[PDB]
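This report concerns only the one structure given below.
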Amino acid sequence: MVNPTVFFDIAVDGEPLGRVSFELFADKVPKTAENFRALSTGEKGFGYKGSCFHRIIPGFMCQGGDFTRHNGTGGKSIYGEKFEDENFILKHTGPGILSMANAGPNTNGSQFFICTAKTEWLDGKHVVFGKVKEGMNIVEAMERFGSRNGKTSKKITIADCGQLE
Amino acid sequence: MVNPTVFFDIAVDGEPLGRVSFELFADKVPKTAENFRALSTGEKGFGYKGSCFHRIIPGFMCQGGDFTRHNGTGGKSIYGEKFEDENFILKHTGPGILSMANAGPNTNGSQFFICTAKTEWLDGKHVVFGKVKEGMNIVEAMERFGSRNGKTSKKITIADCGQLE
Amino acid sequence: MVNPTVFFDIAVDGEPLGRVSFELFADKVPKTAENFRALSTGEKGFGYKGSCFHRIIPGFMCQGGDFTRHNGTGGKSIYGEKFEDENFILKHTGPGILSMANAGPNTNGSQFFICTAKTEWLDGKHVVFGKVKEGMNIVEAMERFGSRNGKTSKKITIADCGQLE
Amino acid sequence: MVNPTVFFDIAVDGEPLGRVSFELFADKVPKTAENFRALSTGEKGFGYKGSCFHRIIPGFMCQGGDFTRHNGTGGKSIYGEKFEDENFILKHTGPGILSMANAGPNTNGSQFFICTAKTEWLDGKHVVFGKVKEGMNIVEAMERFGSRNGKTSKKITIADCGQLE
Amino acid sequence: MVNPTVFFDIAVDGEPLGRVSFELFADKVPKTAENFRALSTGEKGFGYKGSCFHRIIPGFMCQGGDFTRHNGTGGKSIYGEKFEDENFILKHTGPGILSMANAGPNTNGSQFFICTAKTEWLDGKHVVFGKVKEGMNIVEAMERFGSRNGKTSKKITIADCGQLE
Amino acid sequence: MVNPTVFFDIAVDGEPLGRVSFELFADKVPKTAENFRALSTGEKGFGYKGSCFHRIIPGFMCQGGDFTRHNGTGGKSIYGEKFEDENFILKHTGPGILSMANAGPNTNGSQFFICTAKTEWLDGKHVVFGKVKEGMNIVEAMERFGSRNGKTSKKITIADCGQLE
Amino acid sequence: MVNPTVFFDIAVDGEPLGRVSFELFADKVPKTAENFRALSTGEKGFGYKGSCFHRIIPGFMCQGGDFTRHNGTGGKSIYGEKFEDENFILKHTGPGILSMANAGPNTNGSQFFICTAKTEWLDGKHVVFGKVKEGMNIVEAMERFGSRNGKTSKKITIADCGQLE
Amino acid sequence: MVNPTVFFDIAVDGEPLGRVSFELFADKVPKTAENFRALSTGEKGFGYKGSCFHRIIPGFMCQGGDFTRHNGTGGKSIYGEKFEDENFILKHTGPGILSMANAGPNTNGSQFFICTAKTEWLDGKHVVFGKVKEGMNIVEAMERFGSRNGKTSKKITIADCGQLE
Amino acid sequence: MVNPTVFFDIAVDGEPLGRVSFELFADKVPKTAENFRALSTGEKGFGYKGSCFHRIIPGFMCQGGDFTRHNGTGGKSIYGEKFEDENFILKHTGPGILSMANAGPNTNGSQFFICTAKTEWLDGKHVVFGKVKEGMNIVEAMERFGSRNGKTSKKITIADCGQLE
Amino acid sequence: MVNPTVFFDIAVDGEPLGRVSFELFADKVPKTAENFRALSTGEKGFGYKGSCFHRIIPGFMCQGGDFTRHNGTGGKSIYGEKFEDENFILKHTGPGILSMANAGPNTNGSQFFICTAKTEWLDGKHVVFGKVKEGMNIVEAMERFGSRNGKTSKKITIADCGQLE
Amino acid sequence: XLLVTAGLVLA
Amino acid sequence: XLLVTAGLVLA
Amino acid sequence: XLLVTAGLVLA
Amino acid sequence: XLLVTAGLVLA
Amino acid sequence: XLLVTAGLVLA
Amino acid sequence: XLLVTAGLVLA
Amino acid sequence: XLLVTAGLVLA
Amino acid sequence: XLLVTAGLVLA
Amino acid sequence: XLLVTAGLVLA
Amino acid sequence: XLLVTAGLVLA
């Protein structure tokens with residue numbers, strides 16, 4: 001049951017920066033992985049294309065996924081406004097881990113974060129569901145546009161996104 | 001907050017039977033009442049109009065609300081596939097109590113039942129959220145088409161529905 | 001709903017003693033009351049007819065319903081080997097109360113007891129589901145054939161049984 | 001069920017003080033009541049006849065029941081070493097209450113105490129099972145041989161005991 | 001204990017709408033009351049003066065207190081980022097009840113809401129700590145600028161605030 | 001004991017496809033294994049002979065066992081309407097695992113699924129009780145008639161079934 | 001059983017202010033009442049004579065009992081460094097209630113407080129064990145020497161203390 | 001402690017079959033081991049000599065120990081009616097394991113079973129306390145007189161028993 | 001910290017037997033080890049000098065430490081009448097282990113036992129806090145004067161004791 | 001991110017003793033580590049510069065961080081009064097370990113201790129967040145000025161402190 | 001028995 | 001005692 | 001099933 | 001999602 | 001629905 | 001204190 | 001706030 | 001049995 | 001501190 | 001004993 005691969009073509013304001021591809025661990029967390037996959041293709045009619053990364057903290061993570069309010073207060077899943085934490089099999093083992101952002105237990109929507117470091121203090125509270133397959137260097141480039149409080153300086157946008165595998 | 005009233009125009013094999021109006025206890029269970037209200041107006045693009053009461057057991061209840069599979073295995077809320085049990089403040093105190101059908105804790109979608117008897121064994125397991133305001137005689141007329149196993153003898157449908165107050 | 005009424009025609013060593021009728025509280029415990037009702041009608045191909053009261057302790061209760069082993073170690077329900085404790089709404093408030101015997105939580109089958117006293121130390125551990133409607137004098141007659149240890153002196157049999165209401 | 005009455009004939013250093021009778025609440029705690037009743041009759045070949053009240057604190061209670069070690073470290077029930085705390089339905093509501101002494105949860109044996117005051121701080125930790133019926137004046141007399149530390153000044157003995165009712 | 005009474009001078013865009021006064025239940029929730037009182041006088045260097053109500057839903061409530069972010073994602077207490085839910089002794093009994101907004105258990109900051117109706121579905125989740133003493137008509141006037149989604153039409157601002165008694 | 005082997009002879013509409021044999025892990029889950037064994041022989045008067053696989057999702061599993069409603073809503077165990085989850089010793093370790101389908105805790109009847117992938121997200125929620133011994137290639141062939149939604153494209157039936165070992 | 005009464009002769013900077021007597025609720029909390037009684041008589045070698053009230057907050061309470069460090073960090077019971085929270089039968093119902101100060105659950109030593117108001121937010125976290133019998137006017141007089149932060153303007157001392165009854 | 005060894009001299013109907021000896025794990029479960037040891041020596045005036053194995057299921061186990069009712073409903077321990085589950089240190093690792101039969105938690109009396117197979121599904125519910133030392137082929141011989149329902153075909157009797165080392 | 005060593009000079013019926021020294025695991029259980037240390041030096045007044053081992057059971061342990069009642073019902077700690085179980089880091093791994101006797105959780109006073117065997121059934125209920133450093137042969141000699149019931153044959157006394165390091 | 005290193009320049013009575021630098025494990029406990037780091041730089045306007053070690057017990061630890069009351073009753077975090085125990089991932093493994101002092105669960109402020117020994121009894125009760133990178137000999141020197149009760153004899157001050165990396 | 005569920009209807 | 005069980009009748 | 005109980009023997 | 005239930009099949 | 005939260009407002 | 005125990009009597 | 005503790009006095 | 005208690009010594 | 005929440009971002 | 005608290009230092 002092949003795990004899917006999705007990609008994001010990142011843009012800084014308007015400038016094309018590059019492509020990041022992700023393997024989604026549908027063999028561990030199928031529902032969380034399906035949500036992200038369908039939001040990447042935009043197949044349910046809504047999704048990530050055009051949304052921006054609203055909070056980048058260098059040496060920690062890049063947070064995106066709020067395509068409804070663009071500031072961290074929104075987003076939604078393909079299952080409804082929120083869905084349960086599927087399970088906590090996977091841990092935030094290092095850079096490139098992709099995990100769900102949430103506002104306490106069972107509040108998963110569309111927001112996610114790509115870790116640029118190992119964040120084990122988050123284990124057991126955020127569901128890990130993917131990993132950067134190629135393009136880590138593009139995430140390391142994105143880091144440069146954040147700050148300690150998380151505010152960006154340029155608009156980091158998902159110019160295009162879809163499925164590959 | 002003012003408790004909304006919605007109506008259902010019931011048809012037996014296409015012939016009109018009558019109207020049942022319901023007061024929804026939004027003062028107690030607002031998320032559960034807005035789900036049923038929005039599904040009776042069909043404002044969110046889907047709802048109860050045209051669906052049928054798939055299971056009627058005389059002297060117990062009439063069950064309906066499965067507008068996707070029409071047999072008890074479907075339905076969906078305006079909040080998504082399922083939503084949590086809001087609270088269990090209200091009790092199944094007698095005929096005309098409107099309460100949510102579910103498949104165990106927090107699996108509310110769109111199916112409901114209208115009690116034609118006091119069903120206190122269900123207290124604490126099903127969220128009560130409304131009461132027949134007018135049309136109890138119409139609900140008793142519906143009863144006549146059921147059986148001990150729930151099979152209806154004629155198709156009982158919600159011909160039209162919407163909000164009055 | 002209407003609570004059913006069943007009867008048991010009791011016989012002592014063959015010689016007929018009389019009839020006890022029981023109202024079954026289907027408005028409180030419908031699954032427990034339906035099990036007792038159907039084992040009294042015999043409509044599933046097994047039931048109480050011909051079985052005996054194996055334990056009678058005067059001033060306490062008459063226990064019966066073991067139709068497969070006849071000695072306290074058997075019986076079965078119409079739902080399978082055992083079924084869940086439905087709820088503990090009712091209490092053992094006095095003589096004539098009908099309650100489920102069991103071998104710990106959720107082990108209800110067919111054994112039951114008729115209380116000849118208030119047995120409130122059993123509240124919350126045994127499901128109450130019925131009461132003697134007419135025939136208490138037959139239960140008081142039955143008491144006389146039991147002993148402090150429960151052994152009966154004569155074979156107390158349910159000669160016939162069925163439904164009335 | 002009918003509640004038994006047992007009596008204790010008290011002797012102070014050999015001189016007969018008087019008879020105390022107790023009602024045992026078999027209707028609330030039958031296993032605890034039966035244990036005390038059979039130990040008063042002596043029918044199992046051991047019991048209270050001849051033993052002493054080893055600890056009496058005036059204004060609080062008289063404690064007895066240790067027929068094996070006579071100092072509070074023994075006693076045994078008719079069911080074995082120890083038995084379970086039956087239930088805590090009854091409260092230590094005033095003088096005359098009979099309750100079980102224990103060494104923590106579920107360590108009931110034969111030791112008991114007769115309250116000469118309301119002892120509500122003990123509610124929920126000691127099983128109440130009886131009440132002085134006649135002879136509360138003999139119990140008030142026994143108190144006068146106690147002290148702040150419980151040691152008596154005369155050997156207070158249950159000269160004889162048995163069942164009445 | 002003597003209960004504080006604080007006031008807000010409300011301004012709708014330009015013209016002063018009026019003054020609302022509040023009794024703070026320091027006799028029930030002293031830590032939550034002192035937090036609102038101190039934030040209304042501004043004695044710790046920050047407070048409510050100048051902030052606006054950012055979400056008003058007619059017939060439900062007016063929410064404000066976000067003096068840092070003004071949109072619902074901020075505020076802070078005089079104790080730090082957040083503080084514990086003090087207790088849930090008081091209930092949301094009717095209009096003019098003043099209660100803490102939060103983002104789940106133990107996340108109280110400075111945001112509060114003035115209920116314009118009985119909101120009993122919120123009992124046990126939000127700490128009630130005050131009541132409008134005089135000025136309800138001004139809250140009713142504020143009502144009339146909201147919408148089903150909370151959007152206001154005018155900047156409803158707390159022009160001045162302090163402590164009366 | 002020795003672990004029994006059962007076989008299913010699969011038909012696609014009319015055409016025989018092949019036989020699948022299963023080892024049933026009676027050394028781990030004796031009650032769950034005996035249920036499947038007895039339903040495969042049909043020795044209690046009902047069982048799997050002639051039922052169909054009503055839901056096949058390629059790369060996940062083939063679900064069958066509903067011999068009473070034939071659509072996912074029926075089935076029954078030899079022990080009654082449902083039985084307890086026996087234990088969760090075994091895991092869903094890869095293709096050919098046989099596990100019980102259910103509708104939440106302790107609702108095992110007769111429906112089961114044969115995994116065609118490692119499904120570890122189901123561990124702890126579904127009781128594993130068997131493994132395909134010979135015939136995995138037939139299960140592979142069955143896969144081809146499914147779809148993302150489980151709908152089969154042909155009537156996949158258990159033409160014969162019984163015990164070998 | 002006769003509750004003891006103890007007194008404290010208070011002296012402000014040396015000047016005798018007056019005597020406060022307290023009834024100790026030994027019929028509800030005997031171990032907690034005995035600790036205070038014995039510290040009051042000083043019969044174990046240490047106790048309250050000569051100690052001061054280190055923290056007095058007007059309209060809330062006067063706290064004392066720290067006879068070892070005299071500042072809130074010491075004191076000790078007659079049972080050891082600390083003892084268990086006996087029970088929470090009594091509530092902080094109004095002025096003149098005497099309750100145990102503590103540093104969280106089961107840390108009772110010798111420090112106590114005399115409430116000058118109903119302090120019900122403390123209910124269930126501090127053991128209430130006594131009440132002012134005469135001298136509430138002395139406690140109001142004491143109040144006057146405290147501040148909002150608890151510091152006192154004069155040394156309030158227990159010049160003498162003992163038991164009366 | 002030093003682990004005792006007990007023996008049973010087994011007779012089929014009337015004829016001598018052989019001797020089974022058991023190491024009792026008093027280093028792990030001393031109270032359970034001592035109960036078996038004393039019931040084998042018969043030192044308390046009652047015990048296993050003369051009792052029969054009442055339920056033998058081939059490839060599973062041989063159950064005995066009911067020296068009072070001889071059918072599974074009786075037996076008593078040297079500590080009373082029943083006693084607690086001592087601990088679950090040991091597992092049902094394979095043939096020859098001696099474990100306690102029970103009727104749910106903490107109902108250990110005198111009934112035990114000798115496993116003729118590994119029975120790990122019983123781990124954590126039955127206290128393992130011993131193992132066959134000499135004589136496994138005698139238990140294997142005993143097996144052959146059982147049935148799938150446990151009814152033996154010959155009366156298997158503990159003709160003699162006692163302690164060895 | 002460095003772990004203290006204490007010694008006991010044992011005497012049998014007055015005549016000197018020998019000395020046992022102990023290492024106290026202050027690195028694991030500082031409060032429990034300090035209690036034993038201070039009681040060995042007698043520095044707080046009271047202590048073990050002059051006390052007897054009141055219960056010795058060959059092959060199990062020697063129990064002592066009750067310096068007030070000398071029979072198992074007394075003793076006290078340097079922290080008060082009883083103190084909490086500090087932790088259960090250490091296990092009763094074999095002979096020479098020194099562990100706390102108690103009367104349920106958190107009732108540690110002064111009584112202890114020297115294990116003459118591995119006693120793992122006591123793990124998790126009794127705090128292990130030390131081990132015999134020199135003198136095991138003296139503990140073996142002491143074993144000789146016990147019984148299966150604990151009764152000693154000669155008075156085994158701690159003639160002198162104190163600390164060494 | 002990278003783990004920060006802070007330094008303390010220690011002064012005994014004003015005389016420079018030496019510098020201790022610490023690595024703070026922001027990769028395990030980021031919120032606990034940022035607190036200590038910001039209090040060392042003093043960037044939030046308050047901090048450790050000038051404070052003292054108020055309790056030093058040789059062979060255990062040196063405690064400090066109370067910059068407000070200087071005796072053990074004060075201190076505060078950059079997050080407010082107190083903050084939560086972040087997690088208990090790291091253990092007290094030896095000398096050099098830096099850990100939070102507290103007054104029960106979730107009462108972390110600014111007080112810390114530097115272990116001069118392994119303190120495994122504190123595991124799971126105190127959050128470990130750093131280790132001495134260089135300067136252990138200076139900590140061993142500070143040890144000299146303490147006593148078994150914690151009182152020092154010289155004022156040990158943090159004369160300067162800040163961040164290195 | 002008498003329940004109102006969505007999918008596995010029981011007795 | 002006075003219980004109503006099915007199988008191990010207790011006191 | 002395969003249990004070892006005393007009194008109510010189950011499947 | 002990928003569940004195997006009996007009656008209310010969810011995502 | 002009708003909640004008063006700070007940050008993720010839900011229905 | 002005022003307890004009624006069997007063996008370790010406490011205050 | 002208004003607590004009565006022994007040692008860490010909070011708001 | 002083999003316990004080490006203070007006061008009520010059990011089997 | 002370093003959290004990734006949706007709405008009330010804390011330290 | 002050997003604790004590190006803030007306020008009520010115990011043994």
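The sequence lines fix the lettering, A, B, ..., with proteins before strands; numbering per chain opens at 1. Modified residue -> parent or X. Extra atoms: not counted.
In this structure, the drug modeled at chain O is ciclosporin. Of the chains near ciclosporin (chain O), the one making the most contacts is recorded in the PDB entry as peptidyl-prolyl CIS-trans isomerase. Other chains in heavy-atom range of ciclosporin (chain O) (under 4.5 Å): A, B, E, S. The molecule name in the entry for chain S reads cyclosporin A.
In the deposit, the organism given as the source of chain E is Homo sapiens. Grouped by UniProt domain, residues of chain E touching ciclosporin (chain O) are mostly found in PPIase cyclophilin-type. Residues with a heavy atom within 4.5 Å of ciclosporin (chain O): A/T73, A/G74, A/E81, A/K82, A/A103, A/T107, B/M1, B/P30, B/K31, B/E34, B/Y79, E/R55, E/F60, E/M61, E/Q63, E/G72, E/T73, E/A101, E/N102, E/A103, E/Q111, E/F113, E/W121, E/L122, E/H126, E/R148, S/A6, S/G7, S/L8.
Contact residues of ciclosporin (chain O) toward chain E (heavy atoms under 4.5 Å): O/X1, O/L2, O/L3, O/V4, O/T5, O/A6, O/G7, O/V9.
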